[PDB]
Peer 1: 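Looking at a complex of riluzole and Nucleoprotein here.
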Amino acid sequence: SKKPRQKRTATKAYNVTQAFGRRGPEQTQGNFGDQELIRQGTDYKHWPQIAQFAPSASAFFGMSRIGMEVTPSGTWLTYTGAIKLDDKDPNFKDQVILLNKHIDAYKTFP
Amino acid sequence: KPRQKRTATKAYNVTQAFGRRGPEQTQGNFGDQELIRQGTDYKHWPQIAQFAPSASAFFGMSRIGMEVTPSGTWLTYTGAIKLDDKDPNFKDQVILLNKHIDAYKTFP
Ligand SMILES: Nc1nc2ccc(OC(F)(F)F)cc2s1
């Protein structure tokens, strides 16, 4: 509470589930994080290699398709986009692996 | 810098950093001419940035995917961020966002 969801920072004391809800399949529900990342948030020891893909505020509003939806639950800013991985980075294969490790990982555990 | 880490300013504007506004899948659609020219130097930039996610929230709130396409591998993201209708500034936020969403459709 108090901090708007989008400005929260997950850590061990206030983790991904607590800040952003349980992972799952539903449309506006987050799907990213294995058990380790869920429990640790930005305390995850490989967090920097994930965060390198997160957009600056400028890039979020510069790159994304932004929209607004007014529904019975309130007014929502929608966003969609895509960020290209740098295939010239020697760490590219590892980046693909790390991201894929967390995408839909929740399917494998309660 | 990697596109996602760029910061648009008067010196390096939204077009220069993030491409022309348009309808295409990997084009941005946000910003009127003033915001495009000024980026984070825009007078109401803070009132826009309040909606941008932290890195933690970006990966926490979003639906993330990975797509292999002819040009390479892309991290996809989508989600929704709720406005606080109890915020005294709510009506002003709606106006500001409406001013910038798809503004490019009206440009000369
Ligand atoms: N559900 C989705 N399918 C796709 C396919 C391609 C795409 O473009 C990209 F740039 F990411 F490659 C984005 C998406 S989101």
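Chain IDs: alphabetical, in sequence-line order. In order, the residues displayed for chain A correspond to 255-364 in the PDB entry numbering, which applies throughout. So for chain B, numbering is the PDB entry's, and the shown residues are 257-364, in order. Remember, it's 1-based here, ligands and their atoms both numbered in the order they're listed. All values below come from the heavy atoms of this structure, side chains included, with hydrogens, waters and symmetry mates left out.
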Peer 1: Enumerate the other chains with heavy atoms less than 4.0 Å from riluzole.
Peer 2: A, B
Peer 1: Which residues define the site around riluzole at a heavy-atom cut-off of 4.0 Å?
Peer 2: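 Counting heavy atoms, it is made of A:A336, B:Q281, B:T282, B:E323, B:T325, B:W330, B:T332.
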Peer 1: Give the UniProt domain of chain B with the most residues touching riluzole.
Peer 2: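 Chiefly UniProt domain CoV N CTD.
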Peer 1: Going by the order shown, which atoms of riluzole are within less than 4.0 Å of some heavy atom of B:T332?
Peer 2: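 Listed by number with element: 11 (F), 13 (C), 14 (C), 15 (S).
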Peer 1: Would a 4.0 Å cut-off, counted as strictly less than, catch a protein heavy atom around atom 1 (N) of riluzole?
Peer 2: no
Peer 1: Looking at atom 4 (C) of riluzole, what's its closest protein heavy atom, distance included?
Peer 2: B:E323 CG, 3.8 Å
Peer 1: Identify, by atom number and element, the atoms of riluzole in contact range of A:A336, meaning under 4.0 Å from any of its heavy atoms.
Peer 2: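 Counting atoms of riluzole from 1, those under 4.0 Å from A:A336 are 9 (C), 10 (F), 11 (F).
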Peer 1: What protein heavy atom lies closest to atom 7 (C) of riluzole? Include the residue and the distance to one decimal.
Peer 2: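 Result for atom 7 (C) of riluzole: B:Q281 OE1, 3.2 Å.
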Peer 1: State which organism the PDB entry lists for chain B.
Peer 2: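 By the entry, the source is Severe acute respiratory syndrome coronavirus 2.
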Peer 1: Going by the order shown, which atoms of riluzole are within less than 4.0 Å of some heavy atom of B:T282?
Peer 2: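 Reading through riluzole atom by atom, the close ones are 10 (F).
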Peer 1: Taking 4.0 angstrom as the limit and counting only heavy atoms of B:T325, give me the atoms of riluzole inside it, by number and element.
Peer 2: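 The list of qualifying atoms is 12 (F).
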